[PDB]
K.L.:
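I have a PDB entry of S-thalidomide bound to cereblon isoform 4; a few questions follow.
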Amino acid sequence: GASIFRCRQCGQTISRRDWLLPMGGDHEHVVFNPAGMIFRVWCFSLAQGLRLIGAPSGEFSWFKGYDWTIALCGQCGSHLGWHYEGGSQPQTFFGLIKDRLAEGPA
Ligand SMILES: O=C1CC[C@H](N2C(=O)c3ccccc3C2=O)C(=O)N1
Ligand SMILES: [Ca+2]
Ligand SMILES: [Cl-]
Ligand SMILES: [Cl-]
Ligand SMILES: [Cl-]
Ligand SMILES: [Cl-]
Ligand SMILES: [Cl-]
Ligand SMILES: [Cl-]
Ligand SMILES: [Cl-]
Ligand code: NI
Ligand SMILES: [Zn+2]
């Protein structure tokens, strides 16, 4: 059974369970933004359906050695998470907010 992560707002296909990545040994990280809100961040090696906004930034990065850019759903513009770059093994990956996705069957 393929298990698809869809944009919770609009239903667009974004990623799948098979594309989870154990970043630092763990494909689901618990992180705090600077306002103190807690996110569960799924780590994916690949994703579809995403528009990236801005130049990379390293500030506040939750993943050492990686800079982020904001990832929006291309269809509806929901803020789904971030793309990470500038690392090694892998160079890049996606960190997507669990509450902003919905996991279900194909
Ligand atoms: O790895 C990341 C991605 C971006 C994220 N981030 C936020 O969630 C945020 C909210 C408010 C102002 C500034 C930021 C910031 O860098 C953050 O804290 N770390
Ligand atoms: Ca975890
Ligand atoms: Cl899958
Ligand atoms: Cl990590
Ligand atoms: Cl964690
Ligand atoms: Cl944190
Ligand atoms: Cl969350
Ligand atoms: Cl952000
Ligand atoms: Cl949103
Ligand atoms: Ni895993
Ligand atoms: Zn969407």
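Sequential numbering from 1 along the given sequence is applied to the chain's residues. Per the header: X-ray crystallography, 1.2 Å. What you see below is based on every heavy atom in this structure, not just the backbone, and it leaves out hydrogens, waters and symmetry mates. Both counts, for ligands and for their atoms, begin at 1 and track the order of listing.
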K.L.:
Point out each ligand or chain corresponding to S-thalidomide.
P.N.:
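That would be ligand 1.
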K.L.:
By chain and residue number, what forms the binding site of S-thalidomide with heavy atoms closer than 4.0 Å?
P.N.:
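Within 4.0 Å (heavy atoms), the residues are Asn33, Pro34, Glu59, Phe60, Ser61, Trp62, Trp68, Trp82, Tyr84.
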K.L.:
Write out the residue and atom name of the closest protein heavy atom to atom 5 (C) of S-thalidomide, then the distance separating them to 0.1 Å.
P.N.:
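In this structure, atom 5 (C) of S-thalidomide has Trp62 CH2, 3.7 Å as its nearest protein heavy atom.
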K.L.:
Less than 3.5 Å between some nitrogen or oxygen of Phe39 and one of S-thalidomide, yes or no?
P.N.:
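No, there is no polar N/O contact under 3.5 Å.
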K.L.:
Quick check: what organism does the entry name for chain A?
P.N.:
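Per the PDB, it's Magnetospirillum gryphiswaldense.
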K.L.:
What protein heavy atom is closest to atom 7 (C) of S-thalidomide, reported as residue, atom name and distance in Å?
P.N.:
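Result for atom 7 (C) of S-thalidomide: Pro34 CD, 3.7 Å.
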K.L.:
Give the other ligands and ions closer than 4.0 Å to S-thalidomide, with numbers and names.
P.N.:
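I find ligand 8 (chloride ion).
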K.L.:
Using a strict 4.0 Å cut-off to heavy atoms of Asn33, name the atoms of S-thalidomide that fall inside it.
P.N.:
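Listed by number with element: 7 (C), 8 (O).
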K.L.:
Would you check the N or O atoms of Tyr84, main chain and side chain alike, for any that come under 3.5 Å of an N or O of S-thalidomide?
P.N.:
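The answer is yes, given that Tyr84 and S-thalidomide share an N or O pair closer than 3.5 Å.
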K.L.:
Which residue and non-hydrogen atom of the protein lie closest to atom 19 (N) of S-thalidomide, and at what distance in Å?
P.N.:
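Looking only at protein heavy atoms, the one closest to atom 19 (N) of S-thalidomide is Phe60 O, 2.9 Å.
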K.L.:
May I ask you to identify the nearest protein heavy atom to atom 16 (O) of S-thalidomide, giving residue, atom name and distance to one decimal place in Å?
P.N.:
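In this structure, atom 16 (O) of S-thalidomide has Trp68 CZ2, 3.1 Å as its nearest protein heavy atom.
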K.L.:
I'd like to check which S-thalidomide atoms, numbered from 1 as shown, lie under 4.0 Å from a non-hydrogen atom of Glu59.
P.N.:
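Near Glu59, the atoms of S-thalidomide are 16 (O).
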K.L.:
Give the residue and atom of any covalent bond from S-thalidomide to a chain.
P.N.:
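The model shows no covalent bond.
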